[PDB]
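Each chain is given a letter, A onward, matching its sequence line's place in the list. Chain A is numbered as in the PDB entry; the shown residues are, in order, 1-304. Residue numbering for chain B follows the PDB entry; the residues present correspond to positions 1-304, in that order. One-based numbering, in listed order, for ligands and for the atoms of each. All values below come from the heavy atoms of this structure, side chains included, with hydrogens, waters and symmetry mates left out.
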2 protein chains.
Amino acid sequence: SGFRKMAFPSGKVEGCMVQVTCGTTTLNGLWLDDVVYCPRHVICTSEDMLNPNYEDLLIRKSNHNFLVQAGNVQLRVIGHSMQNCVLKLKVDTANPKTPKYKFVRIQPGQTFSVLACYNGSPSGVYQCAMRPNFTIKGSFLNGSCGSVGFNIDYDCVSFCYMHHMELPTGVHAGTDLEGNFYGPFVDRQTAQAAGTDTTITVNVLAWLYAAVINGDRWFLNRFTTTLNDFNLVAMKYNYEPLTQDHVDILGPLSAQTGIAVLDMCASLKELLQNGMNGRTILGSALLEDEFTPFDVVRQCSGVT
Amino acid sequence: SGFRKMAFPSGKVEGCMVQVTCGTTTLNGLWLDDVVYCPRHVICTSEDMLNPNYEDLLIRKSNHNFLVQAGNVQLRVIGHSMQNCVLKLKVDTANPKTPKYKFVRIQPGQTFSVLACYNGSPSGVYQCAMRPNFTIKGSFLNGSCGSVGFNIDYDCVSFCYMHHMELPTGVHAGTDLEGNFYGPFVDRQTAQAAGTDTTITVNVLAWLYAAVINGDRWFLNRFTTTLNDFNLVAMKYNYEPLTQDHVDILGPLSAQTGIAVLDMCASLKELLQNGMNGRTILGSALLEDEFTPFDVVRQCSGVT
Ligand SMILES: *[C@](O)(C(N)=O)[C@H](CC1CCC1)NC(=O)[C@@H]1[C@@H]2[C@H](CN1C(=O)[C@@H](NC(=O)NC(C)(C)C)C(C)(C)C)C2(C)C
Ligand SMILES: *[C@](O)(C(N)=O)[C@H](CC1CCC1)NC(=O)[C@@H]1[C@@H]2[C@H](CN1C(=O)[C@@H](NC(=O)NC(C)(C)C)C(C)(C)C)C2(C)C
């Protein structure tokens, strides 16, 4: 029993983290086969970051300007390109610890593990959700850039996030491993707005199922509701509208609890309308939306 | 910026996890040098667990009754003993992936990372606190027994916890790596009470410092207080009494925020007396006590 925010075990990603240095900027790189991936703003001075022309800045740089270090071992750069907002540094040495891997662009509301790194050394691992507004609420200090988000499928690491920048709330924006930002952000230090951020309704339901499975049932009331009716309560409380895809995704949890999704929506409506009256659900005094149905099924039926 | 419950990177511990099988019971073992450590109740049938005589039960067992598997590799057992509530299985093969390690007994209020494992395969990693009543609030399904808690100091893994049992709230009890339970618990399926559990006051203060460092300051009020005066508010709210050791431990955070500990206590008193009035601190609608000052300094000044 018990329900915690759990990250994937990070070992397979630890073996891929390197330090990348150009001028005095140091950040983290991801070393897979004979290619090191990092944020392209590694080539910028503090001044450059205000309005950088990355093509012109990159042109001043040659292979030998890029100090790539794996532990206490210097890799030799034999090629450099920019793909969108990532630098790819081609090295002579394939990473002998390269796991089976893929690059995936994750969808809003999906979760991933972050291996927060400094100077190419892993400090810590935690679980994050891609918010509907394509930010994450991470823990990222100066040095953390190029730290990566991932999922593990069997023995296969799916890399989905590289850390680039912090936005004015203490929220985080970054790219996929092809260097495409999640959201409207650009890698320039100028005014930029994250959208209004909605609650991942299907995640909150999954978490209420998690609460039921773990014996927290108090919020389970006498009522039911309709897709139309709940989705009207959702709109008012800045929750994302629930679809039949969502109802279908909740099937395994529904079937494990013998609680119809629409009953669970009725409980949710009453929590949104009445609040929680000083009580807790899985030790939280708030509705939690950073667990996918997948994460709940994984944790509550224990897959490796 | 940002503040999250972060676990140590788990790679060094992943390489130590094995599967241990006796009769039809399977759980996790920790393989260090030529010794595999697991919970001794691996030798029990469901019936045995009610009132086991571990000495007599162990006597029915020989080296060959113990199926130790590292991935798809069977280790050969050349010795077995019981130390307190752990079995030590001596194997022919030293773990080639043995990290630099120590066994430590942690104190109440200290944190550690759990690598939750099933059939000797790591599923996930999360951060836990040894509660004042020597339980933990983990995520542990059938199969999780022998999963371990640890800290990483430099390159040195300090193992501090092995998972043994679940108590009636969905709370967890286990041993150090010498097989001594934390708390009054025994490895028998019979009525057992965890003490009343107090709040780790020094941890809550560390977390309020974390909140200030990250710009959440609203709870910072005009008042101050005394050690005696706050500790009287603490007693009433089931908080552990704050000592000068605690004030001294909060020094680095005090000095980083230029906020006197006793002012921060005054804010805490008002939160305990008035509650939070529907507001949040670092995205929590509750006072968080599972971060040590150490964890706050680590995260908020980024050590690897
Ligand atoms: C990483 O590059 C790193 N070296 O680790 C770094 C992390 C942050 C945490 C403080 C430094 N990211 C940046 O430096 C990033 C690079 C410049 C400016 N960056 C920012 O993150 C800035 N954010 C920002 O200007 N946000 C908007 C665009 C105004 C909303 C900081 C003000 C936090 C430095 C670029 C290219 C975006
Ligand atoms: C591990 O052994 C394992 N195989 O992974 C297991 C984990 C729990 C989660 C369901 C099984 N632990 C036990 O089986 C443990 C072994 C027996 C009974 N155990 C319990 O955890 C029981 N708790 C319990 O009886 N608690 C008290 C003592 C009544 C407060 C369960 C009821 C949860 C099975 C022993 C030796 C304690």
Undergrad: Which named drug shows up at ligand 1?
TA: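 The drug there is boceprevir (bound form).
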Undergrad: Which chain forms the largest contact interface with boceprevir (bound form, ligand 1) when counted as heavy-atom pairs under 4.5 Å, and how does UniProt name it?
TA: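 By the greatest number of contacts, it's 3C-like proteinase nsp5.
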Undergrad: I'm curious which other chains sit close to boceprevir (bound form, ligand 1), say any heavy atom under 4.0 Å. Can you tell me?
TA: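 The heavy-atom check gives A.
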Undergrad: For boceprevir (bound form, ligand 1), which UniProt domain of chain A supplies most of the contacting residues?
TA: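 Most of them lie in the UniProt domain Peptidase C30.
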Undergrad: For atom 1 (C) of boceprevir (bound form, ligand 1), what is the nearest protein heavy atom, given as residue, atom name and distance?
TA: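 That would be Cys145(A) SG, 1.8 Å.
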Undergrad: Which bit of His163(A) is near boceprevir (bound form, ligand 1), meaning a heavy atom under 4.0 Å away: side chain, backbone, both or neither?
TA: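 Within the 4.0 Å criterion, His163(A) makes no contact with boceprevir (bound form, ligand 1).
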Undergrad: Should the proximity of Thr190(A) to boceprevir (bound form, ligand 1), defined as any heavy atom under 4.0 Å, be assigned to the side chain, the backbone, both, or neither?
TA: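 Just the backbone.
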Undergrad: Taking the minimum heavy-atom distance to atom 12 (N) of boceprevir (bound form, ligand 1), which of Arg188(A), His164(A), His172(A) ranks first?
TA: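 Answer by nearest heavy atom: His164(A).
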Undergrad: For atom 30 (C) of boceprevir (bound form, ligand 1), which candidate among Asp187(A), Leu167(A), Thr26(A) holds the nearest heavy atom?
TA: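 Nearest option to atom 30 (C) of boceprevir (bound form, ligand 1), by heavy atoms: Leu167(A).
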Undergrad: Quick one: which UniProt active-site residue in chain A is closest to boceprevir (bound form, ligand 1), and how far is it by heavy atoms, to 1 Å?
TA: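 Nearest UniProt active-site residue in chain A (heavy-atom): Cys145(A), 2 Å.
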Undergrad: Is atom 3 (C) of boceprevir (bound form, ligand 1) near the protein, in the sense that some protein heavy atom lies at less than 4.0 Å from it?
TA: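 Under 4.0 Å from atom 3 (C) of boceprevir (bound form, ligand 1), at least one protein heavy atom found.
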Undergrad: Can you check which of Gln189(A), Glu166(A), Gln192(A), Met165(A) brings a heavy atom nearest to atom 23 (N) of boceprevir (bound form, ligand 1)?
TA: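 Selected option, by shortest heavy-atom distance: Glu166(A).
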Undergrad: Could you tell me the residue and atom name of the protein heavy atom closest to atom 35 (C) of boceprevir (bound form, ligand 1), and the distance to it rounded to 0.1 Å?
TA: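 Here the closest protein heavy atom is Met49(A) SD, 4.2 Å.
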Undergrad: So, for atom 15 (C) of boceprevir (bound form, ligand 1), does the protein have a heavy atom nearer than 4.0 Å?
TA: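 At least one protein heavy atom is under 4.0 Å away.
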Undergrad: Could an N or O of boceprevir (bound form, ligand 1) be found under 3.5 Å from any N or O of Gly143(A), whether backbone or side chain?
TA: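 In this structure, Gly143(A) places an N or O atom under 3.5 Å from an N or O of boceprevir (bound form, ligand 1).
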Undergrad: What organism is named as the source of chain A in the metadata of the entry?
TA: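 The organism in the entry is Severe acute respiratory syndrome coronavirus 2.
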Undergrad: Number the atoms of boceprevir (bound form, ligand 1) from 1 as they appear, then name those within less than 4.0 Å of a heavy atom of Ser144(A), with their elements.
TA: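 Listed by number with element: 5 (O).
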Undergrad: Which residue and non-hydrogen atom of the protein lie closest to atom 9 (C) of boceprevir (bound form, ligand 1), and at what distance in Å?
TA: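 So the nearest neighbour among protein heavy atoms is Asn142(A) N, 4.0 Å.
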Undergrad: Is a covalent adduct between boceprevir (bound form, ligand 1) and a chain modeled, and at which residue and atom?
TA: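 The answer: covalent bond to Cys145(A) SG.
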Undergrad: Which other-chain residues have at least one non-hydrogen atom less than 4.0 Å from boceprevir (bound form, ligand 1)?
TA: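 At that heavy-atom cut-off, the site is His41(A), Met49(A), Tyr54(A), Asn142(A), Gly143(A), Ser144(A), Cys145(A), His164(A), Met165(A), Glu166(A), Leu167(A), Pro168(A), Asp187(A), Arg188(A), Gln189(A), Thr190(A), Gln192(A).
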